[PDB]
> 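Here we have a deposited structure with dolutegravir present.
Below, chains carry the letters A, B, ... as their sequence lines are ordered, and counting in each starts from 1. Counting convention: from 1, in listed order, for ligands and their atoms alike. Quick note: numbers below take in every heavy atom, side chains included, and nothing from hydrogens, waters or symmetry partners. Recorded method for this deposit: electron microscopy, 2.2 Å.
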Amino acid sequence: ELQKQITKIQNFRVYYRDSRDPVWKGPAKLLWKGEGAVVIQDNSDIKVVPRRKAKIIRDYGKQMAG
Amino acid sequence: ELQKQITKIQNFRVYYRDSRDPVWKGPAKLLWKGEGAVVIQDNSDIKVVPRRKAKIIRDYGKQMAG
Amino acid sequence: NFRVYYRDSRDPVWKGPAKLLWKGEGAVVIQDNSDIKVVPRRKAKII
Amino acid sequence: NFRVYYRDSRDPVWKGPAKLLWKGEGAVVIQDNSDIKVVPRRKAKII
Amino acid sequence: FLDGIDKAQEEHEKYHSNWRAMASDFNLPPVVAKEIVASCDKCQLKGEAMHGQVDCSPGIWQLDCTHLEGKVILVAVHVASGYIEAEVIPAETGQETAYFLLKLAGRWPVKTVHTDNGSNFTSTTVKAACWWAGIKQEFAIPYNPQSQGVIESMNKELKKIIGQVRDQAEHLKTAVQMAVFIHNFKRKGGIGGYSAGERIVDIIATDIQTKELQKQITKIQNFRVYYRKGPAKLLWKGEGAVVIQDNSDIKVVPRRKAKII
Amino acid sequence: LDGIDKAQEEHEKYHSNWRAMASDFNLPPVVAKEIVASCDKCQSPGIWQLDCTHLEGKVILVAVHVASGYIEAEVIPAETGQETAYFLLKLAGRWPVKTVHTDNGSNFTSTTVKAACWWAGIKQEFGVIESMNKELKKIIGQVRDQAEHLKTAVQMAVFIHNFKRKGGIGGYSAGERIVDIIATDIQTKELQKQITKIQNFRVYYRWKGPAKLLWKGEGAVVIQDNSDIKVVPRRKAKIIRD
Amino acid sequence: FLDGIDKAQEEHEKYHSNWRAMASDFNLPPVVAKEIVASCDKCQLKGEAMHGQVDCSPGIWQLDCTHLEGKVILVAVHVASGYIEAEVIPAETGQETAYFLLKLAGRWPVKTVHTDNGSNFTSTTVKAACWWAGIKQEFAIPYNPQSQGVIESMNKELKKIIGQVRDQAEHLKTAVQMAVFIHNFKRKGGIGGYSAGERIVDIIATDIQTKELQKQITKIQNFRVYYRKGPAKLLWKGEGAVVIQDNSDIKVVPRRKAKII
Amino acid sequence: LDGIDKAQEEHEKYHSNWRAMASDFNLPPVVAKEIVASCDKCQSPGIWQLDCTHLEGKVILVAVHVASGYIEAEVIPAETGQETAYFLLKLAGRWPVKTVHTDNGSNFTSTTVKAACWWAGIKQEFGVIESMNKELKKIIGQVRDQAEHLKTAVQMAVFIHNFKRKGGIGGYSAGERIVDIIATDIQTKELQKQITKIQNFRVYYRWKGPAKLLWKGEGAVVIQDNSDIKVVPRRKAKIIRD
DNA sequence: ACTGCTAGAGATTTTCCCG
DNA sequence: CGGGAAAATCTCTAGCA
DNA sequence: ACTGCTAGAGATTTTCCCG
DNA sequence: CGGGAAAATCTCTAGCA
Ligand SMILES: C[C@@H]1CCO[C@H]2Cn3cc(C(=O)NCc4ccc(F)cc4F)c(=O)c(O)c3C(=O)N12
Ligand SMILES: C[C@@H]1CCO[C@H]2Cn3cc(C(=O)NCc4ccc(F)cc4F)c(=O)c(O)c3C(=O)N12
Ligand SMILES: [Mg+2]
Ligand SMILES: [Mg+2]
Ligand SMILES: [Mg+2]
Ligand SMILES: [Mg+2]
Ligand SMILES: [Zn+2]
Ligand SMILES: [Zn+2]
C-alpha cells in the first residue's frame, strides 16, 4: 500500500539549482512533492528546493535499462 | 660582481599568463630575460614564458617595505 | 535603511539614491521620488 | 589536411570548407577559393 | 585620521579617486577610504556581478516575437522541457498573439505565460485570451531580455535550424514548421538525453503521476510530529531524518529530538 | 535477480505482461520481456485520423489521436492540398505522428500532402472522426456566443474537449490520456532500443556454450540459455560481441 | 551498422539531427553519429569556445577612436601598464592621428601600435608617421574588436570618468584631460596596487634596468653546456636545474645529465 | 638584521646614504633610513619650467623637466591663458607635475592657468629653459625640411631631443633619465608612506620602556631605543598602537 | 513585489574492460 | 590492481538584437 | 601569418593577532 | 593551537558599440 507508493515516488529523478548557482545538479531522488517546495535526497543530503527551481521526470531510458 | 647582478635580476617580479588561461599569475621571480622569452621561477617551478605574456616590474612598495 | 543606485531602462545614466522596498533573488523593488520601480540586481547597488 | 568552416566579417553566414594554412593561439590563416583569410579561432571550426 | 580623512575627501571631490588611491595617498585604513567612496553619489556606477534564475515550473511558457526575412514569427517555449511552438504571423498584434495563445492553451496545459512588454503581449485582447483560458500573465522587467533568456535563446536556435532547412521549403512558414519539428523531435540532449518532445511528455506525465502518488501518500500517511514545538505535519521519514512542515514552513530535522505521533 | 523464478511462476499462472512482473518483482524490463516472450501460450500511439468538416460556410480540418481522443482542429481558408500539408506538418512538429488515416479526399491525395508526409515520415492510409466532428460541433455551438470569429470558437472548443471534458474508466481528460499514451510509447521504444543493443552480445559462463545476454548488472549478469534464465556472477562469465 | 548508418544519413539530410539523435534512433556508436554530423557542411555553424590573448610587450600601444557628445576622442593605452593618453580631435583623419602618434612617440618609447582598420589608422599619413618614428604597425583582424580588448575597455573607463567630472569643465577637451589625469594618477589597482602612471614608470624603468643587468651577466657568464647534444649556451643555473638555449630553443633541463664547461 | 652594526660602522666611516647600506648589507630601507638619520654630522623630480618661444610667427610653448632635461612642446594657436591651462592640464595628466616655474607672463598669471594649477594640485612659482629653447630651435632647424607644418617639425624635434640625443655621465637619453628619476621619486614616496605608517607604533620588549618600531619581520622585530637599534624576537616583544 | 539561457566545441576527469 | 579507450562531466562561447 | 579586457561588487579563503 | 577581524584572493559582470 503506502510503501509501494513511496518507492514509486522515490523512483523519480530531480534536476535542480541553488539560488546562486546557474549550473544544474545531477539527478537527485525525489522524496516529497508540494505546491511550492520539493524535498530531495542528493548524495545522502536531504535538500528542500522551491518548485520553480526543480525539473522532475522519470528518465524512461534508465527505467528500461534497469 | 656577477652574483650581485644575478640577485638584482632575481629581485624583479614577473606577472604572466599561460596560453589558454586568461587569469594573471602571482608574482614569480625573474631568472633570465631575453628578446622573446623570459625564464621565471614560480613556486619552485621554472617556467619559460614568451615576452608578450609577461609583465615585469619591481614593485617599489615591497622594495621599501623590505 | 539602504541606499540603492540603479540603472532603470535603456538609460545609461545611473540614478539614486532610492529607498529599498524589497530585495529578491535577481531583482529589487525601490522607491525613488514616489516612483516605485523594479530593477534587476545586475542593475542596482545596495548600500 | 583539415577542413575549416568559418565566419569572416560581420556576415552571419558560415562558409567553408577552407584549407587550413596556419593555426596560432587565437587565430587561424585559411585559404578558400584562393582567397587567404585570417580568422579568430572564436569564428572557426577545424576538422 | 581627521587630517588624513579631510585631505582625502577634498581629493575625492575633485578627482573621485578609488578607495585604493586615497588609502595609499592619505594613509587611511581600507574601511575609511571605502567609506569615502561609498558616500559619494557620483561614484555609484555599477551593480552586483550576478545573474538571477528564471522560473522553470512545469506550467510556465515564455513567448516572444522574432523577425526573419521581413516576416514575424511568434515563438513559445515550454521552459521546463525546451519544447517549442512557432508560427509565422502577418503582424505583431494582440489579436493573433491571443489566437496563438488560445491554440497553445488548447494543446498543452499552459498555466503561466512570461513575455516582455511588447505591445502585442500587453494587449487587451491577449489579456482576455489568458483570462478565459485560465493563464496567469507575467511581464518581464522592461528592457531586460535576460528575464526571457530561455525564449530568446530559442529564437537563436530556431533561426539556426531555419537557415539549415530553408532550401527545402519555398515559403518561410513551411521552413518554420520544419525547424519546429527538427527541434522537438530530431535534436537530443539536455538533462535526460531526450528530445524536447520526449522531455515535455516526461515532464507533464511525471507531474500528473507525482501529484496522484503524493495525494495517495498524504491520504494514507497522516501523522503529527513534535520536535525540539507544535504538532508539525509529517512529510517524510527515514534514514535518521524527518521532514516536517510546521506552519507552512518546511524544514529538515534529525530523528533525534523528534517524535512521530 | 532473485525474483526471476517467482516471475516465471506468476507469468505461467496468470499470463501477466512484462510490466507487471518488472514492477512487482523488482526486475529489469528486459528480463520480464524475455519471460513474457518465452511462452507461446501468452501471445496505435502514433495513429491520427484527419478529416474536414463544414460549418458556417468555413472549412474546419480536424485531427483526432485515435488512442486517446485528443483533438487538433483549426479553421483553414480552403480545402486544398497546401493547407492540409501545412496543418499536417504542424501536427507532426507538435506530436509524434507516424500514420494518418484519411478519406481519400482531393486535399488528402494531393502531391503536396504526400510530399509533406514523406518529409515528416508519415504513412498515409486511405468512425471515430465522425463522432468527434459531431462532439466538436456540439462544443462549438455551446461556446459560439463567446467569440466573434469561428476560428476562436473552434480553438475554445478544442481546449474544452482536450482539458475540461473528462470521462472513461479513470475519469481523465483527453490531454492526460495522450500524455500517458505517448509516455508509454517512449518507454516501449527505449526498451526496444536496449533489447536491440544487447541482442548482439553472447556470454560464455563457468566454458559453457554461448548464451543470450539479457542484463549486465553491477553485481551479476543475467543470461538466457536453452530457454531458461540463469544468474551468474560477472567475474564468472565473459561477454563478447558477435 | 551499414543499414543503421544509411538510415541515419537519410534522416540527417532531411532534418540534420545532432549526433545524439541519430545515435539513439539508429543504434549507432557516438563516433559514427559524430562522423555523420562532422561530414555535413551545413551543420558546421559554431567555432571553438575560447579567447586568445593580446600582446603585452612593454612597447605595444593600442589606439582607437571613440565618440562623445558629437566629438571625436583619440585614445591610446600602454597595454602593459594601462597608462592612457587621450585627445579630442575635430575629425577622424590620418593627418591628426599621425600628429597624435608623433607626440606619443616623442613622449614615450612606442615600439608597436595596434589598431583596428579604421581609415584614419590605415591612412598613408599615419604609415609615414610610424616609419619616421620607427613604430611597427599592427592591424587587428577586421571587425574583431576583441583584438583591441584593452583599448576598447579603456574607452569605457575613460567615458566613465568623463561623466563623473563633466560638470567641472565647460568644454569636452578639458574634461577628457581631467579624466586622463584621474585614470593615470588617481586610480590605484592592478598587479602592483599602482596607479597607471606609476605602473608605466615601473615597467619602463624595469625594462631598462633588466636589459642592462642581463647584458652585464651575459658579458661575464659565458659558458657552454652539453646535455643528454651540442654546446648549448648557458642562461641560468641553480637549484638543481639548468636553463639553456640550444639553437635558439630555450629549454629547462635538470642538473643531472648535463655538464657546464 | 645581523648587518645593522656593520651598516652603522660603514655610515660612520664613509657617511653613506640609506640606499647604499640597504643594497650592500641586505637591510630593509627603513632601518637604513633610521641609521642615516641618527647622525647629525651627515646632514626636484616634480619641477617643470614653462615658457613660450616664437618661431616663424607661431607660438611654441615648451615644458622642461629640470632634473632630467626631458621636453614637452607643442605649437599653440595663441599665447593666452586658455591654451596654457590646457597644455598644463595635459602635462599634469601625463607626468607627476608638482610645481611649475614661469616668467610672470600674461598667459602664466591668468585666472584660467591658476584654476588649472589648483585643480591639478600644481604650485606656481614666478636658465635651463632658455638654453633648451635654443636646443629645440636647433633641432627644429635641423628637421624642418622633413615636414610641411611647424607643429610636426616641433614634435619631431621633441622626439629627437628626448630619445635620440644622449649625454651626461652615463650617456643616457632624456627619456631614460626622466623615467629613472620618477621611479626614484616613487620609491621615496613609498618609503615615506611606510615610515609614516610605522612611526605611530610603540614596542615593549623583554618589560622595558617603549621603543620606536622600525621593521616587523617574519622572524624578528627591529626597534630603536635610546638612539640605538636592537633586534628582538617577535615572541619576546609586544607591539601596540598609540 | 523578480531573476540568462542553450547547445555545441574542446578539455579534462571517471568508468569500465580485460588482463 | 594498471593502463587504454570510450563515456561522462566540465568549461566556455555567440546569439537571442 | 594572431589573439578580450578592466575594474568594481560581493563571496570566500588566508593571514595574522593576541591569548 | 583557536577563533575573529581584516587582508587577500577569487568569481563574475557591463561596456567598449
Ligand atoms: C518592443 C518590445 C518591447 C520592449 O523592448 C523591446 C526591445 N527588445 C530587445 C531584445 C534584445 O535586445 N535581444 C538580445 C538579447 C540580449 C541579452 C539577452 F540576455 C537576451 C537577448 F535576447 C529582444 O529580444 C526583444 O524581444 C525586444 C522586444 O520585443 N521589445
Ligand atoms: C570603422 C572602423 C573600422 C572597422 O570596424 C568598425 C566598426 N567598430 C566596432 C566597435 C565595437 O563593436 N565595440 C564593441 C565591442 C564589442 C566586443 C569587444 F570585445 C570589444 C568592443 F569594444 C569598435 O569599438 C570600433 O572602434 C569600430 C571601428 O572603429 N570601426
Ligand atoms: Mg520581444
Ligand atoms: Mg526577443
Ligand atoms: Mg575603432
Ligand atoms: Mg572601438
Ligand atoms: Zn566619487
Ligand atoms: Zn547536417
> Could you point out every ligand or chain corresponding to dolutegravir?
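You'll find it at ligands 1 and 2.
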> What does UniProt call the chain that holds dolutegravir (ligand 2) with the greatest number of close contacts?
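Main partner, per contacts: Gag-Pol polyprotein.
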> Quick one: what other chains come closer than 4.0 Å to dolutegravir (ligand 2), going by heavy atoms?
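Heavy atoms from other chains: G, K, L.
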> Return a yes/no value for G:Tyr143: is any of its N or O atoms, backbone included, closer than 3.5 angstrom to an N or O of dolutegravir (ligand 2)?
no
> Would you list any other ligands or ions less than 4.0 Å from dolutegravir (ligand 2) for me?
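Found: ligand 5 (magnesium ion), ligand 6 (magnesium ion).
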> Just heavy atoms, cut-off under 4.0 Å: does G:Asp116 contact dolutegravir (ligand 2) by side chain, backbone, both, or neither?
side chain
> Going by the PDB entry, what's the name of DNA chain L?
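The PDB gives the name DNA (25-MER).
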> Can you name the atoms of dolutegravir (ligand 2), numbered from 1 with element, that are less than 4.0 Å from a heavy atom of G:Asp64?
26 (O)
> Against dolutegravir (ligand 2), which UniProt domain of chain G provides the most contacting residues?
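Most contacts come from the UniProt domain Integrase catalytic.
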> Are any of the N/O atoms in G:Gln146 less than 3.5 Å from those in dolutegravir (ligand 2)?
no
> If the cut-off is 4.0 Å to any non-hydrogen atom of G:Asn117, which atoms of dolutegravir (ligand 2) fall inside it?
3 (C)
> Quick sanity check - which UniProt Zn(2+)-binding residues of chain G lie within 4.0 Å of dolutegravir (ligand 2) on heavy atoms?
none
> Can you list, by chain and number, the residues with heavy atoms within 4.0 Å of dolutegravir (ligand 2)?
G:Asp64, G:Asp116, G:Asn117, G:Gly118, G:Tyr143, G:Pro145, G:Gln146, G:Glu152, K:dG4, L:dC16, L:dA17
